[PDB]
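What follows is a model of pentaerythritol tetranitrate reductase carrying bound prednisone.
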Amino acid sequence: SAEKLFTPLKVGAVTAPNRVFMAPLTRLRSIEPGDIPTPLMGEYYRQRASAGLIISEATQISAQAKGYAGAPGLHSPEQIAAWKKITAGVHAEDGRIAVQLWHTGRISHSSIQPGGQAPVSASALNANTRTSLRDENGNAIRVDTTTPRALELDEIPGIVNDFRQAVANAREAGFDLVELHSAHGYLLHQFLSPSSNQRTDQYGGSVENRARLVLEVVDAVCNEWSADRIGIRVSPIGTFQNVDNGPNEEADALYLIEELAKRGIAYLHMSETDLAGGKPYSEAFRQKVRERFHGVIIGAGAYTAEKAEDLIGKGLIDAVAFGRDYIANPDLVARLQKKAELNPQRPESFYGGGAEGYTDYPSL
Ligand SMILES: Cc1cc2nc3c(=O)[nH]c(=O)nc-3n(C[C@H](O)[C@H](O)[C@H](O)COP(=O)(O)O)c2cc1C
Ligand SMILES: C[C@]12C=CC(=O)C=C1CC[C@@H]1[C@@H]2C(=O)C[C@@]2(C)[C@H]1CC[C@]2(O)/C(O)=C/O
């Protein structure tokens, strides 16, 4: 029963009974055509309802936002109807669930874009990585990303509106909170990073300009619903999927965080490392972040329970989001509380497929 990991925490409009959160995890098992959540996905989330808070797999705010075959959306009536069943399942088990909303930007492929056209981004620069599509048999396959088209200035308001509309849809779908995906090299992060943003208008250049889009989105969704329903995920230190954070990452991160604090949003979710190597956050930096944000702070990235307890005990973060351990342990909370062994992970089934390696992992 660790120490503080199993104590309640007020997270915006809801109250988590523990600080063991389920990180957003793309599993690519949605129905196509339609990018529709499935009953299987509903079962998967229901099995993990004991989490202090479940943060859903990244979900499209629009069809244009799609970058992976199998990722769900929250823009169509069918998607809203399917998500409604999933959130109800989680609530039936007394859990809480937030929907992570994204626009993949340049991490996409023309074959899954509307009209088969090139994807969009801050600038016309290829992501230089491989996204996941589906072959003729419906199996996940890695394919090089398509070079994007730079969004025209007059197209930006539309992007902001898509985020706003998706949040309105999330409210109807029964989600408890929404998490804006402003990390890991996706659209919002593409604007935030100098490496992927070479714009010469007000959306490029200074950190103020680079953060303009994400802050416009934050304001739009706070106005649409309520600030205490809004969370945001950032990965401001280091490099993620080829997108770094510039030569002044620390200062730029604090600027963004101070701006986010002004909106009084529910939480700040910090993704500290990418799947590969990554420089550890200094306690000094954590302190700088803590004193600038007055909401819940969630730490994530190869966390150990011990590390979570250490940082929560030091008053630097409030909760921890576990990714892969949640894939393999539906009842991770109980296991960590009883200090029980965990099920082994099967990475081969992280993406695509069906029930195997998804609803496959037993609870105690
Ligand atoms: C299979 C897989 C899918 C992921 N999908 C997402 C996602 O959709 N959105 C996101 O922000 N991060 C995503 N991540 C990152 C996780 O949220 C988490 O931060 C990461 O797994 C590192 O923590 P861990 O060591 O506890 O797994 C993904 C990671 C994995 C392994
Ligand atoms: C975890 C991840 C990272 C951050 C995020 O927000 C969402 C995801 C889900 C998809 C993952 C992605 C990666 O880290 C890169 C992967 C693993 C991709 C699927 C195929 C992939 O693009 C890879 O094979 C390219 O090398």
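Positions are given from 1 along the sequence. Just so you know, these numbers use all the heavy atoms, side chains as well, and skip hydrogens, waters and symmetry mates. Just follow the structure's listing: the first ligand is 1, and inside any ligand the first atom is 1.
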Q. Every copy considered, what are the ligand or chain positions of prednisone?
A. ligand 2
(Q) So, at a heavy-atom cut-off of 4.0 Å, what does the binding site of prednisone (ligand 2) look like in terms of residues? (A) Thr26, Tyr68, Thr129, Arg130, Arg142, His181, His184, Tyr186, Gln241, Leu275, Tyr351
Q | Close-contact set for prednisone (ligand 2) against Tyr351 heavy atoms, below 4.0 Å | A | 1 (C), 9 (C), 10 (C), 11 (C), 17 (C)
(Q) If I apply the N/O under 3.5 Å rule, does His181 come out as touching prednisone (ligand 2)? (A) yes
Q | Per-atom contacts, prednisone (ligand 2) versus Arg142 - under 4.0 Å to a heavy atom | A | 24 (O)
Q) For prednisone (ligand 2), which atoms sit closer than 4.0 Å to a heavy atom of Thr26? A) 9 (C)
(Q) Among all the protein's non-hydrogen atoms, which is closest to atom 26 (O) of prednisone (ligand 2), and how far away is it? (A) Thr129 OG1, 4.1 Å
Q) Which atoms from prednisone (ligand 2) have a heavy atom of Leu275 less than 4.0 Å away? A) 14 (O)
**Q.** Heteroatom distance test (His184, prednisone (ligand 2)): nitrogen or oxygen, under 3.5 angstrom
**A.** yes
Q. For atom 8 (C) of prednisone (ligand 2), what's the nearest protein heavy atom and its distance?
A. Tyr186 OH, 3.7 Å
Q.
Tell me the protein heavy atom at minimum distance from atom 18 (C) of prednisone (ligand 2), and give that distance in Å.
A. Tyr68 CE2, 4.0 Å
Q: Extract the source organism of chain A from the PDB entry.
A: Enterobacter cloacae
Q.
Quick check on contacts: which atoms of prednisone (ligand 2) are under 4.0 angstrom from a heavy atom of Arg130?
A. 20 (C), 21 (C), 22 (O), 23 (C), 25 (C)
**Q.** Nearest-neighbour protein heavy atom for atom 12 (C) of prednisone (ligand 2), which is reported as residue plus atom name and distance
**A.** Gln241 NE2, 3.6 Å
